[PDB]
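Complex: penciclovir / Thymidine kinase.
To find a chain, count down the sequence lines: A is the first, B the second, and so on, and within it residues start at 1. When a ligand or atom number is given, it counts from 1 through the structure's own listing order. Reckoned from all heavy atoms, side chains included, excluding hydrogens, waters and symmetry mates.
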Amino acid sequence: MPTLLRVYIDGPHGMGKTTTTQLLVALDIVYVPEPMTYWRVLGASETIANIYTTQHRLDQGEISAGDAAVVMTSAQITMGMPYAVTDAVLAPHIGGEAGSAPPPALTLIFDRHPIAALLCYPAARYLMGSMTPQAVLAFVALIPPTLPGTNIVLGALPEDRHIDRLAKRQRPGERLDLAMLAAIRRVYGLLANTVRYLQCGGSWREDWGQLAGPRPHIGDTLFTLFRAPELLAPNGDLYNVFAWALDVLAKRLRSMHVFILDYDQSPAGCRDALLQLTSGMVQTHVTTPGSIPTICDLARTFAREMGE
Amino acid sequence: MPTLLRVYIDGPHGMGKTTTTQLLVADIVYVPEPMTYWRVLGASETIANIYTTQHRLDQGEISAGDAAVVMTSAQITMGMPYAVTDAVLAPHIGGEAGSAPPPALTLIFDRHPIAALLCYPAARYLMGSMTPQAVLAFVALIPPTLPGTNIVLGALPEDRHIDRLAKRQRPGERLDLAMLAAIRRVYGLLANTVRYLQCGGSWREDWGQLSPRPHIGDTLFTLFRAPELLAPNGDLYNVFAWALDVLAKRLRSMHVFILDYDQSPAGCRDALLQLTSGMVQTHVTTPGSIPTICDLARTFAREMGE
Ligand SMILES: Nc1nc2c(ncn2CCC(CO)CO)c(=O)[nH]1
Ligand SMILES: Nc1nc2c(ncn2CCC(CO)CO)c(=O)[nH]1
C-alpha cells in the first residue's frame, strides 16, 4: 500500500524549529503548522500571553500558587486542543510500519506532538510551581495511544545561544523567563533519556528506590520529577493512582522513534541536517488506499485555518 | 481466553446507581467512586470547589471567566481516575465474544470516562461556568472506545430525582436544581445520540436542520451550535467539527441500556442483573489478564473509594 512517513519536530521553543521545517518542506510533503490562531483567537484569547502573565503574577507574589495553578492548568487544556484532534482523526488511516526504503507517498511534518501539550510543557510548569504533579499526571493519563511510525525530532541548542535567541524575540505575549527556558530545557532532555532508558529496557518500578548509547539512571529520566510529597503515601510509596499513570507515560513513550537534530547552525544546515535524519525514520502504510488524500486535505485544512 | 463483562453504571447523580450497585455485590467486582481522590489525593475537596464556584458565579460574586477557569481545572481532576483506569485496562480487552458466557469475571464500574470527559463538562457549559471550546478539548481526549463497552443510564422522573438527589449528596454539594436540569438534559440527549449514530445518522449531513432515528436537535451535537464555535459566516470551524467527528466514532460503538430507577432498591438492583443478559462480553488478551484485572478493581477500590 502507499506508505506514509510522519515526522514531528518538537523540543523547547525558540530554537528555530519552524523555519527549518519550512525550508525542509519548501523542497509529497505537507506541513501541519503551530495553531497560533487557536491559541490567540479560536480557542480562547491570547492563551500564550495569558500563560506568561500568570506565571509572572505568580513570581511577583501577587497571585498564589493555587490561582496560577488553576489558571495554568486550564490554559494548557487550550494549547493541546489542535494536537489532540488531529491525532484522533489521523489515527484510523495509520496502518502498519514499513521501513525508513526511499520514498513514501506522503510526508506530514508536524509542529509539536500531543506529548508536548499533555506532558512536557505542564511538567515544566510544574517545576515552575505554577502547576501540580497531580494535574500533570492527569494529562499524562490522557496522552493518546502511540501510533506506529511516530518519529519525534527533539532539538539541541547551546544555552547561551538559546537564551540569546529567545532574547531577540519569539511568541506574542511571551516573556523571557530564563528559569522557564531552563525547566523546559530540562524536561526535553529527560524526555530523550526517558525514551532511551525505556527502550534499553528500564523499569522504573524496580529503579524507583534508586530515586542511543548506555542506559540512563532512572534518576535522569522524566520519572524523577514525580517523587513528590503530594504524590506519596504515609508509607512512602507512590499512590497506585499516580504509579499507574507513570505506567502509561512509559507505554506512550516506549514506542516513539526519537531523534536529536542539532540547531546550533544555519537555517540551511538545519534543513540539510534534518533531511539526513528523515531517511532513517520509520514510515507506515495507510489504512484506506484513499487515505493519503484525506490525510493531505486534513493537513492543508488545519494549516489554512489554524496557521499564524 | 476467558471472557470479561464490563458494566459502567452511569447516568445523572442523585438517582441511586451507587445504592443499587453495591447491593448486587453484597465473578463480580465493583470499582467505586474515587472519592478519596476528589477530596484528598488529587486535590482538596474538589466537589465543594465545583459547587462553590458555580455558586459564586450564580451569586454574582465572581465572573463567567473566573468560573470557567476553575471549573475547567476541576473536571481534569474529576475524570483522572477514570482515564488512568481505562488506560491501564485497555490492553487486557480482547474482542467481543459473540455476546460468550458465563464470563470469567464481571467488572462493575461506577461511571465512564465520558461522565468526566463529555457529560458533566457539557452540563457545566450549559451552566455558564465552562466554555464550549473547553468541552471539545475533553471530547477529543475521549479515549478510543474498547470492545465490550456497556453503559447503563438511569430513568427516574424529575420530582423523584429531586427527592433522591436530596437524600443526601456528597461532601461539599449544594442542591442546584438547575444543575439537575442541565445534567438530566445531557444524558438524555446522549441517549438519543447513541441511537442517532446507530440508525445511520450523519451530523455533517444533518447539521443544517438546527437552523428510524431521532432529530439532530435531540442529540449532543445541537449543543455545539455555540456561536463561539461558529465562523463569522455561521459556519463551524474544522477543529470543532473534528472534535465532533471524534465524539461520533466514540459513542456509536457503545452499548447503552436503560435502568428505571423509579422503584425501590433491589427492585433496581434486580433490573441491573436482568439487563446483564444483552451486554457484550469480551475475551481477555492474556492468560493472566482477569487476575491483573481483579487487582486493579480492588486496589482502586481500597485507595480511592471512600
Ligand atoms: N502548552 C504550553 N506551551 C507553552 C507553555 N509556555 C510556552 N509554550 C509554548 C508557546 C510558545 C513558546 O513559549 C511556542 O508556541 C505552557 O505553559 N504550555
Ligand atoms: N465530573 C464532574 N462531576 C460533577 C460535576 N458537578 C457535579 N458532579 C457530580 C459527581 C457526582 C457523582 O455522583 C457526585 O459524586 C462537575 O462539574 N464535573
Item to complete: Using a heavy-atom cut-off of 4.0 Å, enumerate the other chains touching penciclovir (ligand 2).
Response: B
Worksheet item: Is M130(B) in contact with penciclovir (ligand 2), taking contact as a heavy-atom separation below 4.0 Å?
Response: no
Worksheet item: Can you tell me if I183(B) has a non-hydrogen atom under 4.0 Å from penciclovir (ligand 2)?
Response: no
Worksheet item: Which heavy atom of the protein is the closest neighbour of atom 9 (C) of penciclovir (ligand 2), given with residue, atom name and distance?
Response: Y120(B) CE2, 3.5 Å
Worksheet entry | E33(B) N/O under 3.5 Å from penciclovir (ligand 2) N/O | yes
Practice prompt. Take every heavy atom of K17(B), measure it against each atom of penciclovir (ligand 2), and state whether any distance is under 4.0 Å.
Written response: no
Item to complete: May I ask you to identify, for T18(B), whether its side chain, its backbone, both or neither come under 4.0 Å of penciclovir (ligand 2) on a heavy-atom basis?
Response: neither
Item to complete: Heavy-atom distances under 4.0 Å are what count here, so tell me which part of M35(B) touches penciclovir (ligand 2): side chain, backbone, both or neither.
Response: neither
Worksheet item: Where, taxonomically, does chain B originate according to the PDB?
Response: Herpes simplex virus (type 1 / strain 17)
Worksheet item: How far is atom 6 (N) of penciclovir (ligand 2) from its nearest protein heavy atom, and which residue and atom is that?
Response: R124(B) NH2, 3.1 Å
Item to complete: Provide, to 0.1 Å, the distance between atom 7 (C) of penciclovir (ligand 2) and the closest protein heavy atom, together with that atom's residue and name.
Response: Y51(B) OH, 3.6 Å
Fill in: Minimum-distance protein heavy atom relative to atom 18 (N) of penciclovir (ligand 2)
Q75(B) OE1, 2.6 Å
Worksheet item: Where is the nearest protein heavy atom to atom 12 (C) of penciclovir (ligand 2): which residue, which atom, and how far?
Response: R111(B) NH1, 3.3 Å
Worksheet item: For penciclovir (ligand 2), which atoms sit closer than 4.0 Å to a heavy atom of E173(B)?
Response: 14 (C)
Worksheet item: For atom 11 (C) of penciclovir (ligand 2), what's the nearest protein heavy atom and its distance?
Response: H13(B) CB, 3.7 Å
Discussion item. I'd love to know the UniProt active-site residue of chain B closest to penciclovir (ligand 2) and how far apart they are by heavy atoms, to 1 Å.
Written reply: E33(B), 3 Å
Worksheet item: Among the UniProt-annotated ATP-binding residues of chain B, which come within 4.0 Å of penciclovir (ligand 2) by any heavy atom?
Response: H13(B)
Practice prompt. Filter the residues UniProt lists as binding substrate in chain B to those having a heavy atom under 4.0 Å from penciclovir (ligand 2).
Written response: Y51(B), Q75(B), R170(B)
Worksheet item: If you take every non-hydrogen atom within 4.0 Å of penciclovir (ligand 2), which residues does that pick out?
Response: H13(B), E33(B), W38(B), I47(B), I50(B), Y51(B), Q75(B), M78(B), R111(B), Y120(B), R124(B), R170(B), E173(B)
